[PDB]
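One structure is given here, and the rest of the page talks about it.
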Number of protein chains: 2
Amino acid sequence: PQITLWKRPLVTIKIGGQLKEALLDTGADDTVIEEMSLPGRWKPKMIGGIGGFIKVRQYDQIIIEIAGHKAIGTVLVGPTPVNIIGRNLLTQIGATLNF
Amino acid sequence: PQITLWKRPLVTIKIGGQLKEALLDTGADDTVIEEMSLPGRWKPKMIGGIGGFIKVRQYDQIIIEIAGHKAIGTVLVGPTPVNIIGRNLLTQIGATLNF
Ligand SMILES: CC(C)(C)NC(=O)[C@@H]1CN(Cc2cccnc2)CCN1C[C@@H](O)C[C@@H](Cc1ccccc1)C(=O)N[C@H]1c2ccccc2C[C@H]1O
Ligand SMILES: [Cl-]
Ligand SMILES: [Cl-]
């Protein structure tokens, strides 16, 4: 689809068997989801936002369906105020910014 | 252009006669620039992201060029970690996300 930017570009995702709303975020290097369980091993990470850093758990090789499009990649889980689809997964669904 | 997301979507902007690097950020509601001088009066604003909030100075009706495209709109100034072009100006220049 073509998504305009008049409002936040929120879409439905499926991750870990769960449906969530998430933001398509070209400024985000990484994908960051609110607290949930994911399978496999994880390691801690600190990631930096405009207001400082938060501690997250990093899970690799996680499948996500983003507005109907499947992708696999690293997903960070922690106390993010909104669920964020970052560039590591936007690339996989073929998302571009156009003007 | 059509900008892919394999790398950060950094572009050159022009504000106050000077060239700066800035991030095209669909996840940002507003545009916020590192400390610089802008004309006129400012209003207070708090902006929140990952990690919490920062206090910024809001300047309205500022002339700004984004990757060659002319805009006139609200620019926030404050201790942002990187210069960010958000949706208020991305809409002005006609930007969309496409996949
Ligand atoms: C991986 C992670 C998510 C941590 N990345 C970011 O937060 C980066 C940080 N850099 C910076 C960085 C920090 C440390 C190291 N390298 C880089 C600047 C750009 N952000 C990306 C932003 O798009 C993230 C959004 C998230 C958000 C959206 C809505 C509500 C809450 C949080 C963001 O912070 N957006 C906010 C935002 C942004 C600008 C202006 C106004 C507003 C309000 C709000 O829309
Ligand atoms: Cl990845
Ligand atoms: Cl591509």
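Letters A, B, ... label the chains, following the sequence lines from first to last. Heads up, chain A uses the PDB entry numbers, so what you see runs 1-99. Numbering, chain B: per the PDB entry, residues 101-199 in sequence. Order of appearance sets the numbers: ligands from 1, and atoms from 1 within every ligand. Basis for what follows: all heavy atoms, side chains included, without hydrogens, waters or symmetry-related copies.
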Indicate which of tigecycline, quizartinib, rilzabrutinib, indinavir, pexmetinib is modeled at ligand 1.
indinavir
Write down the macromolecule with more contacts to indinavir (ligand 1) than any other chain, named per the PDB entry.
protease RETROPEPSIN
Help me out: which other chains have heavy atoms closer than 4.0 Å to indinavir (ligand 1)?
A, B
Examine indinavir (ligand 1) and decide if any of its atoms is less than 4.0 Å from a heavy atom belonging to A:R8.
yes
Please state which option from B:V132, B:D129, A:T80, A:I84 has its nearest heavy atom closest to atom 3 (C) of indinavir (ligand 1).
A:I84
Is there a covalent bond from indinavir (ligand 1) in this model? If yes, I'd love the residue and atom.
none
Of the side chain and backbone of B:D130, name the one, both, or neither that has a heavy atom under 4.0 Å from an atom of indinavir (ligand 1).
both
Strictly under 4.0 Å, does any heavy atom of A:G86 approach an atom of indinavir (ligand 1)?
no
B:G149, B:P181, B:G148: member with heavy atom nearest to atom 43 (C) of indinavir (ligand 1):
B:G148
Looking at indinavir (ligand 1), does any of its N/O atoms fall within less than 3.5 Å of an N/O of A:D25?
yes
Closest approach of any protein heavy atom to atom 38 (C) of indinavir (ligand 1), naming residue and atom
B:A128 CB, 3.5 Å
Short N/O distance, under 3.5 Å, between B:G127 and indinavir (ligand 1)?
yes
List indinavir (ligand 1) atoms under 4.0 Å from A:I50, heavy atoms only on the residue side.
34 (O), 37 (C), 38 (C)
Any nitrogen or oxygen of B:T131, main chain or side chain, under 3.5 Å from a nitrogen or oxygen of indinavir (ligand 1)?
no
Option nearest atom 27 (C) of indinavir (ligand 1) (shortest heavy-atom distance, choices A:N88, A:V82, A:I54, B:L123):
A:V82
Binding site of indinavir (ligand 1), heavy atoms under 4.0 Å
A:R8, A:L23, A:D25, A:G27, A:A28, A:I47, A:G48, A:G49, A:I50, A:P81, A:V82, A:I84, B:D125, B:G127, B:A128, B:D129, B:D130, B:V132, B:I147, B:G148, B:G149, B:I150, B:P181, B:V182, B:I184
